[PDB]
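Structure follows of udenafil associated with Rod cGMP-specific 3',5'-cyclic phosphodiesterase subunit alpha.
We name chains A, B, ... by the order of the sequence lines, and we start the count at 1 in each one. When reading the values below, keep in mind they use all heavy atoms of this one structure, side chains included, and skip hydrogens, waters and symmetry mates. Per the header of the entry, the method used was electron microscopy, 3.0 Å. We count ligands from 1, going down the list as the structure has it; atoms in each ligand are counted the same way.
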Amino acid sequence: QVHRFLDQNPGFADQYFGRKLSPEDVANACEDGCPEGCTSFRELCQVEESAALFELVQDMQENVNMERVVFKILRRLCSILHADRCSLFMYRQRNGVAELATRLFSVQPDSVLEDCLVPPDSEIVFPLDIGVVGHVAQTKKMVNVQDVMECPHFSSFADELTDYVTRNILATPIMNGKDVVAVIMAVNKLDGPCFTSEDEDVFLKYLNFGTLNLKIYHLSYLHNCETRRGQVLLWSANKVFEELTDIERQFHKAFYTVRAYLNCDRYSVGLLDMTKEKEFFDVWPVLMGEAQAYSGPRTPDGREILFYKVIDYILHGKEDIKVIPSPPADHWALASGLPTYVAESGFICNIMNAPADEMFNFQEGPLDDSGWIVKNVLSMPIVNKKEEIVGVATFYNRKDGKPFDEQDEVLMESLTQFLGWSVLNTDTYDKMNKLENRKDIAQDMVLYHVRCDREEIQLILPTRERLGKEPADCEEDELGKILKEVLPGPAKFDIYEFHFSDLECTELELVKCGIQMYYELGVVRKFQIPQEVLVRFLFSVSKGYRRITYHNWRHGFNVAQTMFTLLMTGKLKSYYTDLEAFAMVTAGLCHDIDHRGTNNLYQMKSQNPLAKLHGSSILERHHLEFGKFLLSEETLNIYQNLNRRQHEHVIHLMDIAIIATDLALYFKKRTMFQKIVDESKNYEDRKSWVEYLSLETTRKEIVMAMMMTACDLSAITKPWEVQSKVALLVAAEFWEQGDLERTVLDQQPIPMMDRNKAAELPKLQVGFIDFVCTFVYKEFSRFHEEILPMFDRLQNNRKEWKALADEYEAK
Amino acid sequence: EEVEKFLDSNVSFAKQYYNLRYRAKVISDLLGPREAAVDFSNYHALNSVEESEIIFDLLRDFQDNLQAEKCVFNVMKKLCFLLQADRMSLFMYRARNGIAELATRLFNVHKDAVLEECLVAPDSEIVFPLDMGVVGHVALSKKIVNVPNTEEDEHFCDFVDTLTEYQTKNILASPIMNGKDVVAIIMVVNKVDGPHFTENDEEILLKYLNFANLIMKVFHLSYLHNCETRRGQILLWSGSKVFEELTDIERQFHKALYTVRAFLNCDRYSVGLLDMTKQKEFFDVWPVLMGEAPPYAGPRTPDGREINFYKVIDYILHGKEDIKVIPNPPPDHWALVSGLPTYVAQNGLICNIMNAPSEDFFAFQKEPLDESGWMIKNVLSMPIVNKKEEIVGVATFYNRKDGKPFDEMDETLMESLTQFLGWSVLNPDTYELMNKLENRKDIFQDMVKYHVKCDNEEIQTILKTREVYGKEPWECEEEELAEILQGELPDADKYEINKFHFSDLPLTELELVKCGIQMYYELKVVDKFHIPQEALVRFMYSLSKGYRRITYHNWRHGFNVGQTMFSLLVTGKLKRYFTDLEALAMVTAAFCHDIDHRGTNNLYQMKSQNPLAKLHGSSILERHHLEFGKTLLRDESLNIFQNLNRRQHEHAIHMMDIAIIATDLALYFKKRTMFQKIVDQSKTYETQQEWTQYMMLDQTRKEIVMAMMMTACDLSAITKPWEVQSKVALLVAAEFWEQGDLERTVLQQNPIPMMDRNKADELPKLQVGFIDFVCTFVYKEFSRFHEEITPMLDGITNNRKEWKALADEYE
Amino acid sequence: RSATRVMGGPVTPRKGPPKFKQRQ
Amino acid sequence: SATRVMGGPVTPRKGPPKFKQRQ
Ligand SMILES: CCCOc1ccc(S(=O)(=O)NCC[C@H]2CCCN2C)cc1-c1nc(=O)c2c([nH]1)c(CCC)nn2C
Ligand SMILES: CCCOc1ccc(S(=O)(=O)NCC[C@H]2CCCN2C)cc1-c1nc(=O)c2c([nH]1)c(CCC)nn2C
Ligand SMILES: Nc1nc2c(ncn2[C@@H]2O[C@@H]3COP(=O)(O)O[C@H]3[C@H]2O)c(=O)[nH]1
Ligand SMILES: Nc1nc2c(ncn2[C@@H]2O[C@@H]3COP(=O)(O)O[C@H]3[C@H]2O)c(=O)[nH]1
Ligand SMILES: [Mg+2]
Ligand SMILES: [Mg+2]
Ligand SMILES: [Zn+2]
Ligand SMILES: [Zn+2]
């Protein structure tokens, strides 16, 4: 009525409203003495706005009132901007391209949330280059359009879609510091030309509250998404490091555990073949035309894209997991062709509205039952550190019905990136198995060449000639009867004497004597050793030694024989039981068990695999290792009738005995044995000393460790005729290693290992006697007077070498 | 005047008109940078105007970037006036070491204060445990607490009153609650009106705590979001560096911690690695047991190891970045002086320390370690634990970059890092098992090489260099070696080595080896490729040793296959299609085809799960022989192809892989048709020369012909005269019956009639079935190909007649 | 009905070849 | 300062430390 009057006279309107108002109000207005707040109704607006705004502040405090609060704000934002409609477009990024999807649509002052909330399937999506929304979201600044027609970016998609036509548009981007959350637009109903500058200011100041609620909502969503990603990486890493397994088991474990955090209805993992070339017989048919060359898709590496396994996860209504060994081309995950396309390109694919996609074939309608249709898909390639795609992981409908956004893309990409990197744990697992298999084959190949077969065992047993049966078919009494008729007596080859010489015996005779030594100890009957195993083991040990100058089977028997004569003739058996004497003789036999003819120093210099495998005391750990390996075989296990306690004790002693043959350990523990000898002298008789030493374990080990050192160097104690010959074999082996160092390593060898200094052999032998041999035999002779013959002969040998050394000094 | 009456009569009509035009102006002015027009320098109840202005002023603080402390302080200043309280304070909720505490953030807030006078620095922090007075009571109660009269009403503390020389009688506090976790506690002390606080003040506090709750909610979410983002990056970056390579523990840990140094937000942090040795060797235990050295008495890890840091990695990020690795750190190392890493290793507990110098339990450095005065203020130490629940190392993190103590979020961040590192100890363990397994395999492979390679003593049985020249073979010239071999190698014509009826029965293995070298000579490949005579003799002798001493597949079978191939090239004239290089590899491949045959079938390797089966999924023994034959050829003393250039070597090898694998019968049955096409096409050429010239060019058909020629040679024993065949048969059947027995005893399976001893008398029937099914096609086509291989077809036809006669007798 | 007058699919004015993300 | 503490954070109760267990 009179509205046009007060429009044409702004001065009168300001003057009338500047008048104070009587206390009489119109409707409540929370009239706590506010009729004249510097304007007729400014205070009434002040109180009403404050009460309404404060109620909004209360609403944001609870939880998920985001949409409710924004809708109330837009309801109040209208009718103060006089906009016809107000809408909210949320910002999201997929495939690296930003989009603005509608969440709230036209909001009249009398609307309700149900009439304005936009379900995700009913939303309108805009990119950044279409419409004013893309203009607002790209420049991150306000846009005020006074006329839609003159706008250069306006899009009429929504105008024709609904029915409405737009004239004035006012939009802002709601800013979370650096990122964009949403865009709010107000449209038309200006009743004038356009939005004024006063509407420009009110829009920003009033919407700061909307930024607050949207910032809280955006932060809450970002915090939740990051929390899930952290747990995904933690749980995935937990299952990867549980054990070394193949790619199938490892991927199945990681994907199954993170099924809760992934938040997807279904997802399938397909594994690609890793073969690069084919064998010759697979290439021939295509070369002669019997078959056609491959014409399908190829990986960027050049492999034929073949899914050799597909792991299917179903979480829609019932947790069902399937593993398909040969997935056919009609498989639901593979029928779309997206996993094949991903393998072709290696690109991260995000699809919204799958049934409306024409690039791929998504079956419009329900899969399985319960009307499950594909709506949103996300697929990423699983790539190892070699930039090769090992699989494709496809993720299906989100559980809340929303399209896959940037946060989801980062979540699964991190999971696939982590699982792609952890293929190294599967490559190592395969190469683990091959190395283990190759080692086991080589062990069997060694075992055949060292074990005594059926034909060679008939040199000591002859069961065929005497009974006609194989040794495995003969009883123990029959085997014992034949061995008695074959094995030499104790009085034939001087096995009980310190002056035993092997130069008058053949290799077979040494083996027969070696079995005889076991019979004299009484360990065969006591521990129930099968005779066939004992004969096979001794013959196998003979084969184990190389055919080298000095450290050959004859040296191995000579050490064992001296150990046997130390126990029985030297009366050191008083401190040990039959089980301990069992281990010592066996450890003597196997102490140089494919000794290669070079010392530990050469192994370090030449970087032999022995030096790498064993840190220190190499070639004694190796001799211990191979000797144990031979005993582990069923047909060579002489300890196979010993219980767990006895077997462990014997194995423990063999470790001590064989390793103590190293001269470095003998030098370090030399004084420890001397104290033991001195403690013996403090006793009054051998009976009391025996009872004290036979119970101490550490003292017995040190004495027994020293027994090996005396046995190993026992060739020195031999009579001069034997010693002179043996010393030449030892020198020849040293000179052979001296030549090897000169040629292979281009190093000057020590005078001990120099062919040109062969005339210094007598002098060095005396130095060896005065430095190593003298201590052991002097104390053992002091310890037991029965070993005194060894010391007497050692001194005699030193006299002979000294005579030669002085003779060389003469010239 | 009339309009004045109309507006005055209808006051309501003037209202919405004012709302239509003068509402935007009011809102814009109020929300702008304006100060509340309320006389705060007084004490009275506020009407609607003043209440609205206070609300609007609090709304005006919701601008962007949300400075949390300033906005909360503004709410506090208003609450001072509204609540009529004297002072206000704020206590941030904090949790460290699993226990909760409250730390002062704003203190002594009155209505006439500024932010700087009330903000609390971390050094001036007051920390209150939850088990203390009103501050702790509110946090546990999670409800408004009104101490109405004095301090005699339970849970009151006097510390701050004595500390700040202040008196507190009236308290009204309320906690700021972020859903289910407490963020901060707001409190008032005293009340300058008289008798304490009424229920009105509690309502006022609840009304105006809405703004403070929103501000802290944003502040809490941003901190949580930042912490979770850092945890995701830490796990991802650590995973990337862990899986880059398979390295030891020190290198792997150094890479991971250095990469994530940006996200840790610490000034210094160091990692000390504990020794993992659980048991000492025997020689190191002896001195302790004998009293030479005292036993260990220091601290021990929970699993029972001596706490010994052998390596410490130090990271310094003060501003001059420095990373150091200290092997065997001294006990007075700056990180280890406090004893905290020792304490962590002893107990295995996560330790969080605030005010390190004031902590009397640990001897922390109270002096500035750096020249810039870098105090040690906050320390956090956690143990690194592998999957065996043992402690691998101790990770210690020093002062945070922001100066605040390590709260529960820092502990969680580093705990995930140490959990990830502790799990990733699996990779170094596999790397150590990697080197040991590889070295063990190489050691055993070298062991086989000795047992198979011919030595200097055995080579003299053929080369005889000592008898003729007196020198060793490696010293004699090539002409001298040729002259000896000419007088030693047998004459080709006399032995008929290039005939299809040659028999090895009246020859010894040494004569077979001499024959083999002669066939190499007769191909004129020794002089053309400059093959060294010593290597050629050593290679052939080692091939003799490589074949096992079994019934049929011994070295005699290997020579017969090799001899047949030599005859096929020479007598059969199949050399006309092949080059001299290929004929050299083809003959050599025949000699090595069944090299280390174990006397068992390929199917047996499947069933028994041999290490061969696991290593080669496909045709097994053919691949195993190929690998072993190459291994012998790689050795220097056995390398015949050592004088071939790069191109010729690969071609020679390539023929060796195809030829050896072609000996598999499964491959023959698939490609026998393609060979039929090749031989059928050979008849479409006018002259033999035309066909030959075509065959020299095509390589695929040359390979197929060679692959078939391996099959003919492998089964060539069937074409020998009936006298030779009658003994070769029942000599391979003996091998089959041995495998049949193995399957019965080992696999508890009934063998096929081919493998069955009980059907021995039925053998001739199977041979006819074998001839009519496998061998007939091989030689019928070859005889069609070349007329010179007719004797092979004549031989097998005669043999089938004899076998059929035997089968007829049995029926 | 929804205020956007769109049922059963999030329509988009942008018509063209879909663009897919590249691995980092 | 506001809390009248220059040196460092102060707590009313100073006893033996309590340490967190591993997960
Ligand atoms: C036959 C000619 C060699 O005779 C020798 C000459 C000298 C020495 S040495 O006191 O100098 N030790 C070597 C230490 C090195 C380094 C420093 C100086 N020195 C040169 C020992 C021997 C020696 N003689 C032996 O008969 C003999 C052995 N050694 C051995 C174990 C040798 C692995 N077994 N057997 C049976
Ligand atoms: C003379 C002793 C009888 O021995 C046989 C008895 C039967 C047959 S079979 O083909 O009909 N069944 C074998 C195939 C299996 C699988 C499919 C069905 N079938 C059951 C062959 C042989 C056979 N004879 C040989 O002389 C002979 C060999 N086999 C071989 C191995 C090839 C290096 N070498 N050599 C020289
Ligand atoms: N029917 C309707 N259309 C709107 C609404 N808000 C904006 N639009 C129009 O939809 C257009 C889509 O984005 P534009 O940038 O092209 O500009 C938009 C406006 O013209 C609304 O709340 N309802
Ligand atoms: N002395 C003092 N105490 C305050 C102040 N503000 C809050 N308080 C609290 O007064 C509380 C009284 O005892 P508490 O145990 O609850 O812990 C005390 C302080 O936290 C202040 O400005 N001065
Ligand atoms: Mg030795
Ligand atoms: Mg074979
Ligand atoms: Zn020895
Ligand atoms: Zn063969």
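For udenafil, every matching ligand or chain, copies included, can be listed as ligands 1 and 2. Chains touching udenafil (ligand 2) with a heavy atom below 4.0 Å, listed by letter, come to B.
For udenafil (ligand 2), the UniProt domain of chain B with the most contacting residues is PDEase.
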